[PDB]
**Q** 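Structure: oleandomycin glycosyltransferase in complex with oleandomycin.
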Amino acid sequence: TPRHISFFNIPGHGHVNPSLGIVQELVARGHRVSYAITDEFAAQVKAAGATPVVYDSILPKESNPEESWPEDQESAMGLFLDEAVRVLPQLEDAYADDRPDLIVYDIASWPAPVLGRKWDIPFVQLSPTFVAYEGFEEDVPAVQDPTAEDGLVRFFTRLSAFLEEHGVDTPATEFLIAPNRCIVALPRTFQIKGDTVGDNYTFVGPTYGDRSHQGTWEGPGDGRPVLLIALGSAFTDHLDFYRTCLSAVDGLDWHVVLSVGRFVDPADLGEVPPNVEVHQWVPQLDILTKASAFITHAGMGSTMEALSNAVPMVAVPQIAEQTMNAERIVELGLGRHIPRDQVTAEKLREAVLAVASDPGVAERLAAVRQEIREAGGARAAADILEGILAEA
Ligand SMILES: CO[C@H]1C[C@H](O[C@H]2[C@H](C)[C@@H](O[C@@H]3O[C@H](C)C[C@H](N(C)C)[C@H]3O)[C@@H](C)C[C@]3(CO3)C(=O)[C@H](C)[C@@H](O)[C@@H](C)[C@@H](C)OC(=O)[C@@H]2C)O[C@@H](C)[C@@H]1O
Ligand SMILES: O=c1ccn([C@@H]2O[C@H](COP(=O)(O)OP(=O)(O)O)[C@@H](O)[C@H]2O)c(=O)[nH]1
């Protein structure tokens, strides 16, 4: 019997993209899927087969170059709280006459447990990044409730007030980091201390789907190796870095696709070498199916798309989460890590050439690609959700 499954997410490609393979699988299985997101993402969600439930957000739009995310967790958590306050009633109104049978929610979609409780329906977290392992709060002490110093006190005070007002008695830190049930969009082997993560998490590897909505990328079709350079969907405002990349690839016998993000006008790079094409935004997944190397910020989505395609990486992280991902890449022998303020043209060139030609890296990428093929993906995730629906 078809059920109504609602996805709650936040307006960022790194949070939305992994969910879409699960949407596509659920729709294929005959379920009615609705998807709470902003207008910016409605067309993409529609293409996946879901009905958008559009809400108004105060979060920085990845399409608006006049605003950006903060780099620090403290500020970001404040933003997600204020957004939760404002989004909660919008979703309650939208679903008033048509409550879902189950909610699948992103790590930052804090209205979900509130409404799951209110509506007495199951709610399952979908994590696009690594989850809390044994001792997590010591490594990431911003999640510890102290009740920048004043800022964290103010945040926890306000978070506790929100939760209590809306009938959630879960202690604040637990609310933030310990979901009752979570489907994780990476394999356990990549997860930091994955062996210490308990059975309320299931690691299914990347869950991205058919991204035909983005269309195809047409390569030169000359047999030359293709390098993708892309720093994700958020922390991309790095003109000097992109100029350094141009110098790095000049005279390289490779085709290069350079994605510069929404903050940088491609014309501000000037004349680019003849082997380079520059865009603000590219069909990254399609290009990664054709690529021989990838200069990446090591966001989890980008990491998992590359690994699914056995593409070696040179990681230049922006925020701490990405540094942790880059360290895992190094530890697993899948690429190189060059910290942001240690980048030069020569270093980038040497790294790309080294990772793309290393037979040991190639062997390890082949192994990891197979692990991902075995992890279960969107099929396993949909199975888990259907098991919950069978009871609910
Ligand atoms: C290890 O250091 C990390 C720790 C933490 O990295 C986060 C995450 C990924 C950040 O999101 C990112 O925030 C930046 C600002 C924008 C970005 N994009 C939308 C563009 C977004 O994905 C958070 C702020 C989002 C958030 C609200 O759910 C939380 O803070 C919660 C309570 C969170 O701690 C738990 C679920 C634990 C188990 O997960 C994590 O610690 C991940 C790894 O915050 C990062 C800023 C630090 O770099
Ligand atoms: O030009 C681009 C740049 C990024 N992406 C997609 O945006 C997502 C970025 O997510 P990630 O987790 O790597 O990083 P974040 O944007 O969260 O920092 C991935 O799915 C990419 O395929 C894309 O399609 N085209």
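The numbering of chain A matches the PDB entry: 11-157, 179-423, in order. Atoms within each ligand, like the ligands themselves, are counted from 1 in listed order. Recorded method for this deposit: X-ray crystallography, 1.7 Å.
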**Q** What ligand or chain labels cover oleandomycin here?
**A** ligand 1
**Q** Taking the non-hydrogen atoms of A142, is any one of them nearer than 4.0 angstrom to oleandomycin?
**A**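 The answer is yes, since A142 has a heavy atom less than 4.0 Å from oleandomycin.
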**Q** At under 4.0 Å between heavy atoms, is it the side chain or the backbone of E352 that contacts oleandomycin, or both, or neither?
**A**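 Both the backbone and the side chain of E352 come within reach of oleandomycin.
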**Q** Counting only heavy atoms, which portion of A265 has something under 4.0 Å from oleandomycin: side chain, backbone, both, or neither?
**A**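 Within the 4.0 Å criterion, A265 contacts oleandomycin through side-chain atoms alone.
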**Q** Closer than 4.0 Å to some heavy atom of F90 - which atoms of oleandomycin meet that?
**A** 27 (C)
**Q** Does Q353 reach oleandomycin, in the sense of a heavy atom lying below 4.0 Å from it?
**A**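 No.
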**Q** For atom 35 (C) of oleandomycin, state which one of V26, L207, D116 supplies the nearest heavy atom.
**A**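 Ranked by closest heavy atom to atom 35 (C) of oleandomycin, first place is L207.
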**Q** List every atom of oleandomycin that sits less than 4.0 Å from any heavy atom of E81, numbering the atoms from 1 in the order shown and giving each element.
**A**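 Answer, ordered by atom number: 46 (C).
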**Q** Find all atoms of oleandomycin within a distance of less than 4.0 Å from any non-hydrogen atom belonging to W120, and give their numbers and elements.
**A**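 Atoms satisfying the 4.0 Å criterion: 27 (C).
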**Q** Applying a 4.0 Å heavy-atom criterion (strictly less than), which segment of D149 is in contact with oleandomycin: side chain, backbone, both, or neither?
**A**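 The answer is neither.
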**Q** Show me which atoms of oleandomycin lie under 4.0 Å from any heavy atom of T139.
**A**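 Per the distance check, 42 (C), 43 (C).
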**Q** Within less than 4.0 angstrom of oleandomycin, does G22 place any heavy atom?
**A**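 Flag not set, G22 not near oleandomycin.
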**Q** By number and element, which atoms of oleandomycin are closer than 4.0 Å to a non-hydrogen atom of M355?
**A** 1 (C)
**Q** I need the residues around oleandomycin for a figure - heavy-atom cut-off 4.0 Å, please.
**A**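 Using heavy atoms under 4.0 Å, it comprises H25, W79, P80, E81, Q83, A86, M87, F90, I117, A118, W120, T139, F140, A142, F146, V153, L207, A265, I350, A351, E352, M355.
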